[PDB]
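The structure described below contains HDIT101.
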Amino acid sequence: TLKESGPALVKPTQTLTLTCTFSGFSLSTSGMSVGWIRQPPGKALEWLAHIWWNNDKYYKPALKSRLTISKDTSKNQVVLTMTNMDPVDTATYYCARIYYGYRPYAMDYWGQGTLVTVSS
Amino acid sequence: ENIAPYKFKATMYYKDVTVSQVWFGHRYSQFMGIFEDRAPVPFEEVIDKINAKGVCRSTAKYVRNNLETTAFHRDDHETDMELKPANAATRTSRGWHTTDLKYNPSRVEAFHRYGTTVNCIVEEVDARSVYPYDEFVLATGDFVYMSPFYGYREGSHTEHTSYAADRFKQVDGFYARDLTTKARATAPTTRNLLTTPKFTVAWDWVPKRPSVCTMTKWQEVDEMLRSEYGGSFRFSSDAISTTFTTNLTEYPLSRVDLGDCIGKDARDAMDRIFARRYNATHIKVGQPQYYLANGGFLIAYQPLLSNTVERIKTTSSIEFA
Amino acid sequence: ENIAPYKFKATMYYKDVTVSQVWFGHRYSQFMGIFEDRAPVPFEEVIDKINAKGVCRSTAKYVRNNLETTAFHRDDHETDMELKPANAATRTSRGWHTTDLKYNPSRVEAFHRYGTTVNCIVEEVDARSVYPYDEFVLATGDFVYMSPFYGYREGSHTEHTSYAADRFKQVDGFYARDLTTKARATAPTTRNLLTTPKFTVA
Amino acid sequence: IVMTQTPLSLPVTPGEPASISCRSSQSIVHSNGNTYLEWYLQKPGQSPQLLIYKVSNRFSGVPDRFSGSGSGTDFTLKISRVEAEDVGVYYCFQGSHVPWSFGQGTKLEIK
Amino acid sequence: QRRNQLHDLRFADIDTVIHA
């Protein structure tokens, strides 16, 4: 199971740090990957980033300069950071687990998601 | 038996860092030492600079002897340098480099002076691997202690590696931009990049099971008569004048280590031959069978009727057959 | 099919230039580096010095890494040193060297000292080449990227050469003088001399 | 790879079949020789769940009603017998080539 | 060795001398 967590209100033009806590896997196994996806209210799913067990971070090229995904296996968590927040960034963020390491299907186990509004 | 190595093209990105110490006498100049080192090119520099912009930094930052060393070409500030094609050599693969002359310090009277030359060199090399494919060597005689098939997808991360996992980066969806034509390829590939202590190697990743073949198609026999005698099968070919002897039992192909290739190749060659010669007169009888013959030969056999886990070791001598 | 390489006798003239930096402590001396290089012997020194007089200069003046390097044996003035036969080894070819000991700097207290040793070496080696004979190796495993047959006479200049034409000199009518017997041969031969960046092959 | 899902809204009466198509700017065939296309279903106030993976394979927990098909750049989810429970937004996602993306999604409505 | 000894011929200039 995965559980995303982050400030529910961030003012525009600031960095937002989130955190995803795991259960049933640690991000040090041979093929485990954890991904962050946002979904603006009423819009389709927008993939953001995903990190493998070996600190191999992949981003969305549009948002690459702003997204920074880090993995801390001591606390068994993943931190997603996204700077210079804009009101368009108001969305529900989901932390997912990717079995591309093991199975040909990604994003099996999603968290409940955390809704963030970018406003002052 | 496939004695031939698994061969594939790789690309070595490394920076030749030459620090020369020169002593300038009154009437002469003498080299008092020439430290030559090979630095790996970082992933952020292979992806962002070399593959995209076709350039390379004028500095090498690398870990040598448990130290973080940074070498500046010509001892000046870091600048992006274009990769030019190497001087032509006979029977030599493609290569590029940034710098063409070794920098050596300017003369000063009676003083030892140190001068750094960083040449970013990118060479297309042939890399080869032998079973169990847990290591592969590049054409430059450098061994790389990772399986060629190491990756991220569908159990391709349990393949052997001898480096820390921070030294490997499989850039999925990679658009190769040739350094000569300056043209970006359209079809994406999975690019493995390993940064060894001396260099960085990049190769297009392929799954291990369909890429290796512990047996090798040696002969395609149009007419291989099969007979049973003395509780054994004799497969005689008049075309190559060769007779093999097998046990009456089929050889379970699952027992061949890395053996998905044998079935595919056998079926392809067999269907091609059937279309070419036997379509108009014979019909296939059942699914292809596999037998093991003395000396270590794996015979895939397709019977015809007229309309009317281990490694197999193969002998080097056929003259018994 | 001739799978056997074309084999011939070549002779490598090169000067082993070893510069060593030594640090002398209170009770001890420590090597802080040993730069070893192999310098080619110039044609003027293979024809006029080694072949004619049987001696070799005690200095190497060569081009290394785009610089005119000049090394003096024992860091003294230039002297002509006799080529003496090398110590015998089993199943080895003939070889000659001038110097027999490595020069390392004299002791001084708590100072880094550099010492240069130039050992002129002449070694007769087997050289071998395979088709298309556009390069050949020596017994020392050094490759020479030039056809064995490159020369001056009647189409023997279109053969492959990967070196500048300033690096090759075919001394026609060459009188070989053995460095052991100290006797000059009577029959002249065409001698090719290639000065590679690291050695000279004749 | 750009995924465009069509239509954006698909009202279907219960019991009738439904077809959803989404295309990719370029081929989603991977170097493996396997296409990594996944269909996802987000219900109101719920996290998305994978429905169909590798184009023509159904993830465990998904009824036989869903079935995927297609190749190259054209892919189609197909529900033989749409039920009331199928209400939600449907997404097609390419995992073969980085970067990954979802389709614009289709909202299924029951008439 | 055949490829490694070509290294200075390919990715360098053997002949040039710079003096100043």
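Just so it is clear: chains get the letters A, B, ... in the order the sequence lines come, proteins before strands, and each one is counted from 1. Partial entry shown, contacts counted within. Only heavy atoms go into these numbers, but all of them, side chains included; no hydrogens, no water, no symmetry mates.
HDIT101, all copies counted: located at chains A and D. Here the macromolecule bound to HDIT101 (chains A and D) with the most contacts is known in the PDB entry as Envelope glycoprotein B.
The letters of other chains with a heavy atom under 4.5 Å from HDIT101 (chains A and D) are B. Counting heavy atoms only and a cut-off of 4.5 Å, the epitope of HDIT101 (chains A and D) on chain B is formed by B:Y150, B:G151, B:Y152, B:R153, B:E154, B:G155, B:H157, B:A165, B:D166, B:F168, B:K169, B:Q170, B:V171, B:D172, B:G173, B:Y175, B:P188, B:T189, B:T190, B:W205, B:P207.
Interface residues of HDIT101 (chains A and D) contacting chain B with heavy atoms under 4.5 Å are A:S30, A:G31, A:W52, A:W53, A:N54, A:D56, A:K57, A:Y58, A:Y100, A:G101, A:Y102, A:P104, D:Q26, D:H30, D:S31, D:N32, D:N34, D:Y36, D:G95, D:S96, D:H97, D:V98, D:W100.
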